[PDB]
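Opening notes on reserpine bound to Chromaffin granule amine transporter.
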Amino acid sequence: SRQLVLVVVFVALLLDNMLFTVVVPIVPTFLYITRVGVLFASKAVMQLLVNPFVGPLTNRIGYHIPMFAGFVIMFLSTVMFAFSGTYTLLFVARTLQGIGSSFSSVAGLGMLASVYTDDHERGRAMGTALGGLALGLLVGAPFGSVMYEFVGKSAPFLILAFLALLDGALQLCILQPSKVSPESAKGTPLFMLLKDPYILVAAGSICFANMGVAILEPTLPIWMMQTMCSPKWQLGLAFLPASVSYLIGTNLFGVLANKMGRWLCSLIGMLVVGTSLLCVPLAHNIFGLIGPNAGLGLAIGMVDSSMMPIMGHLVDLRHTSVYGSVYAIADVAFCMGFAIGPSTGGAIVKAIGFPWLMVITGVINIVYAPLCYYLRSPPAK
Amino acid sequence: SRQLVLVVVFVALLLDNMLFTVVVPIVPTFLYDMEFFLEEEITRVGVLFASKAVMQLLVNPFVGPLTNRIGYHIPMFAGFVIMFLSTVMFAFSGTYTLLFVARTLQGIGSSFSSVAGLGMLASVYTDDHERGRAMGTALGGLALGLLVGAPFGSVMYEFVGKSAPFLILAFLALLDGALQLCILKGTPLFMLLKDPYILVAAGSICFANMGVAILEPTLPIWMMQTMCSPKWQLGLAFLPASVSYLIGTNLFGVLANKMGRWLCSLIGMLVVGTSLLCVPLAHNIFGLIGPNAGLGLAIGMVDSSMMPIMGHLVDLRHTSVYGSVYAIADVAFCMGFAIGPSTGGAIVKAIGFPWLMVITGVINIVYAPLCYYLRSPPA
Ligand SMILES: COC(=O)[C@H]1[C@H]2C[C@@H]3c4[nH]c5cc(OC)ccc5c4CCN3C[C@H]2C[C@@H](OC(=O)c2cc(OC)c(OC)c(OC)c2)[C@@H]1OC
Ligand SMILES: NC[C@H](O)c1ccc(O)c(O)c1
């Protein structure tokens, strides 16, 4: 039944981020710049304030009930999006989407770590989970775009709700969301784990790579309109190479980094993240961003697939075998990088500028890259 | 004949590089043989290896006016003589002090020979494209000397005794003198290190070359301490470095201009740092074929991407001469070979060699973002 758990996480993370990326191409057309920016950040902020309360929560109720709650909140958010047509209602739906995604991500990654106890196999299970995440990000944009250009606004949200119902049936079949079972092992407190430089280094690498992508997310279209003066239909396709490379890289490197070397995988991934971010503000046309964006996506996939099991290896080597808090910290890094991007990108660009922002991010990644060597062989307990 | 000057300069540079890289795997073994504990003498070994760089740095400014005053053949002949004494002293020295004098003489003679021979080659070939054919051939001979000398002394220290390779090199030096025996300005360097762009390029070259500069005095001792390899493999381990450097320099001289020189230099510095980090984890001679080959390829990348950048920087702003790119990278070379081995003894005494490799790799990686300064430099 171990494989069956991965199937849910493949589909749980598939649909959780499908609404996260299907709402972007329907909101600015529907409501028709700062006001729209704060809307997207609602998922990031609200999940950040709930992650510390979710980590220890999984130590007493298990990963099943939080996942079922995330499913329920997914259903409610998508159905509310299907009907609500005001700024406040969309903000509430976004906040619900963020909180439910918090449960879904944390519980899914924790249960994936728990049910897989071999580092080599767990480096491929998480790789395929991140591949499903990349597939969801790939399919979110064209889905909503096409069925808003044709079927109607409530159509894609209704279809996603039906797929969520299928997900609930699947979780009733295999995940068993019926009873609360506390974890036998007592996880270490979060503020012990924040004092461990190894977990700090891993979380920092993840947070800095995802900050490199997150800052690029909203800031890139503004730079495109300012410099290249390009139509709208290909702006979403601009990030398509990055997401495709992320999917390919997460699968391949979940296969490969176990034999390549985890520390080396993270180091080279951060180095290519830095180099790609340096080269990104140098492109003079849409074709010029295929290379740097593809490299950045592959690098972020490398960092994710190499540090996602590295957290489990660290917690198994030093701390106890309770997995909620470490992935709570990792998702906190993810979500903080997500939050810092859109709410502050305009101010950062107006103050220093996009090229200097990318240079700063890339230099931080490069200078931080050697610190990943600290995880080559962390001492045991 | 003009080709005679080419062959004599080729032999001179080849012999200089051969001596430099043949003193590498013999001095640690030679010192160990006398006693039969190298952590106490590592500092003196580093100072000995840096003596040539220090002495060359001291004597470099005088050679210019010295060459102007008396000519080229006499200082070039002086290099032959001092190299002969260096080879003979290496063949017969038994104490540390004698070897130090031999290395200092080798440095003085190397400076004399290199400067005088390159000046004579420039004087004879006034085609202005010839140097590109003749200078390229001379540098290829330098690369061949680096390729051959390191395993040479490694190969023939357990087979033909101790002074055999040095005697052969002295005999070749006699042939080099015989070949030459039947024969017949702008922007001084002190103002070329006041520009931050050229300083960035020179620092890149020096920090990339420091990976091998530190390796030369301490790697054979590390091998004899941890792996217990045979005495004819210590100089063999540097064979992958030479092969990788030749492959990388050719390939990237072909291929670097299309992807951008700054990107090639940045990637090369990053891979230099990664390879120097990977070096301490090698657990046998076979394990070092990967990291050492990668480090050699990385240094070749850095050189092939920096030398054209140095040429462009010198041409756009200052008035460049045939040796401006040679001089600036040379000063980086001597500075690296003097500051690496000199502080290497102290660093390995305080902390292990792996920490030294980690430190050098970290400096290279952190300096790597500084290569953005050279992306389209403006007057
Ligand atoms: C030692 O003797 C040197 O110092 C030469 C080499 C130094 C260093 C090195 N030592 C080793 C020792 C080993 O065993 C212990 C094994 C491997 C290595 C390697 C591999 C890496 N490496 C580089 C070697 C290359 C030489 O430099 C040039 O070839 C050159 C080329 C140019 O144009 C193309 C120039 O510009 C016209 C120029 O002038 C500035 C110089 C350099 O200086 C003459
Ligand atoms: N884990 C998500 C990752 O940061 C990412 C990669 C590529 C993207 O186009 C994206 O929106 C997010």
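Naming: A, B, ... by sequence-line order, numbering from 1 per chain. For this deposited structure, the header notes the method as electron microscopy, 3.4 Å. Numbering of ligands and ligand atoms starts at 1, following listing order.
The location of reserpine, copies and all, is ligand 1. Other chains near reserpine (heavy atoms under 4.0 Å), by letter: B. With a heavy-atom cut-off of 4.0 Å from reserpine, the UniProt transmembrane segments of chain B in contact, counted from the N terminus, are numbers 1, 5, 7, 8, 11. The binding site of reserpine, defined by non-hydrogen atoms within 4.0 Å, is formed by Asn17(B), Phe20(B), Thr21(B), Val24(B), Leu139(B), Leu142(B), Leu146(B), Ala150(B), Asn209(B), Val212(B), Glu216(B), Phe238(B), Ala241(B), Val325(B), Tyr326(B), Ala329(B), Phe337(B).
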